[PDB]
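Residue numbers count from 1 along this sequence. Side-chain atoms are counted along with the backbone in the values below, which use heavy atoms only and exclude waters and symmetry mates. The deposited model was determined using X-ray crystallography, 1.1 Å. In each ligand, atom 1 is the first atom listed, and ligand 1 is the first ligand listed.
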Amino acid sequence: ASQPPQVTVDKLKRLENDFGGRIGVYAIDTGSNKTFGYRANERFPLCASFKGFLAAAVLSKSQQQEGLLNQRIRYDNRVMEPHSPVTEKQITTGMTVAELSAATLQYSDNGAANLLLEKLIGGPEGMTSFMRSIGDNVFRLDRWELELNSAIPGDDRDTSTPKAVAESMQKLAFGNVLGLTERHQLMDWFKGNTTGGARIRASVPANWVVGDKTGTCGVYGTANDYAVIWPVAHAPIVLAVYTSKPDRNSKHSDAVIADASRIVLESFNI
Ligand SMILES: C[C@@H](O)[C@H]1C(=O)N2C(C(=O)O)=C(S[C@@H]3CN[C@H](C(=O)N(C)C)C3)[C@H](C)[C@H]12
Ligand code: NA
Ligand code: NA
Ligand code: NA
Ligand code: NA
Ligand code: NA
Ligand code: NA
Ligand code: NA
């Protein structure tokens with residue numbers, strides 16, 4: 001009952017040619033275990049999309065350290081990175097670990113990302129080792145915000161693949177690597193993301209529920225989104241959509257990500 005894979009490939013290749021870049025995807029029907037990929041094992045820059053996994057790493061650490069989420073972090077006289085919309089307002093109050101995690105995921109807050117990487121997760125190396133610990137042998141985070149966003153073609157630093165991103169999202173959302181409380185909290189955070197309205201969310205009927213995390217490097221036409229999608233009375237779908245363009249000075253396209261997502265989701269004939 002699903003569409004032939006080549007039909008879906010054919011559609012994505014036409015979309016790619018109109019876009020003038022590369023589109024990589026991977027999707028998993030968590031109920032049938034049917035999958036679809038296109039450029040699924042090619043590396044793409046993560047950009048901010050790692051922050052959803054950073055929030056998961058924090059939750060995994062809290063599952064072993066009672067009360068970690070409520071711990072208050074203060075950062076008086078810290079130089080805050082560009083795009084710190086939540087953390088720049090909370091210097092006087094500080095923020096809890098839960099609030100930092102929610103901010104980094106839902107607002108892409110860089111101050112929050114680097115605070116959590118410095119104080120809780122152990123830097124890019126620690127982020128990568130969390131992903132290794134869940135069986136993701138592909139992901140790599142090498143640099144801190146914002147240097148990780150350079151998106152240079154051929155540079156494998158700060159990259160993953162659509163398949164690895166989708167597989168890791170599936171494990172975290174639905175597998176055994178996080179406890180029930182932690183899963184539920186992670187899903188709530190993804191559902192409340194604020195930066196994805198023009199991407200995967202724009203590809204689905206408005207009564208479907210979506211949790212997602214975006215990435216927008218700001219160079220080389222490079223942008224992405226990954227998500228859990230809950231269609232009406234169907235098993236959730238996990239989807240990753242990554243894009244890049246060869247020229248440094250091109251812009252990314254939200255619409256191309258939404259259109260790619262629609263093509264892939266339609267292929268499951270839900
Ligand atoms: C500087 C890097 O950290 C960038 C990165 O990646 N982030 C994202 C994103 O997560 O999409 C964005 S998209 C930006 C966030 N706020 C805007 C937004 O939410 N909307 C809905 C337009 C656009 C930044 C450019 C940031
Ligand atoms: Na058709
Ligand atoms: Na990269
Ligand atoms: Na917890
Ligand atoms: Na928050
Ligand atoms: Na940069
Ligand atoms: Na490239
Ligand atoms: Na476009």
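At ligand 1, the PDB records name the drug as meropenem (closed form). In this structure the chain with most contacts to meropenem (closed form) is the one the PDB entry names Carbapenem-hydrolizing beta-lactamase SFC-1.
The source organism recorded in the entry for chain A is Serratia fonticola. The shortest N/O to N/O separation between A48 and meropenem (closed form) falls below 3.5 Å. When distances from atom 23 (C) of meropenem (closed form) to the protein are checked, no heavy atom turns up under 4.0 Å. Atom numbering of meropenem (closed form) starts at 1 in the shown order; those under 4.0 Å from a heavy atom of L146 are 1 (C).
For atom 21 (C) of meropenem (closed form), the closest heavy atom belonging to the protein is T194 O, 3.9 Å.
The distance from meropenem (closed form) to the heavy atoms of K213 drops below 4.0 Å at these ligand atoms: 10 (O). Looking only at protein heavy atoms, the nearest one to atom 14 (C) of meropenem (closed form) is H83 CE1, 4.6 Å.
Per-residue contacts place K51 under 4.0 angstrom from the following atoms of meropenem (closed form) (heavy atoms of the residue considered): 3 (O).
What sits closest to atom 3 (O) of meropenem (closed form) on the protein, heavy atoms only, is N110 ND2, 2.9 Å. Here atom 10 (O) of meropenem (closed form) lies nearest to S108 when heavy atoms of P45, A151, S108 are compared.
The shell of residues lying under 4.0 angstrom from meropenem (closed form), judged by heavy atoms, includes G215.
Remark: atom 17 (C) of meropenem (closed form) lies closer than 4.0 Å to no protein heavy atom. For atom 25 (C) of meropenem (closed form), the nearest non-hydrogen atom of the protein is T216 O, 3.9 Å. Closest to atom 9 (C) of meropenem (closed form) among all protein heavy atoms lies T214 OG1, 3.3 Å. Residues touching meropenem (closed form) within 4.0 Å, heavy atoms only: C47, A48, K51, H83, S108, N110, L146, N149, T194, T195, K213, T214, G215, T216.
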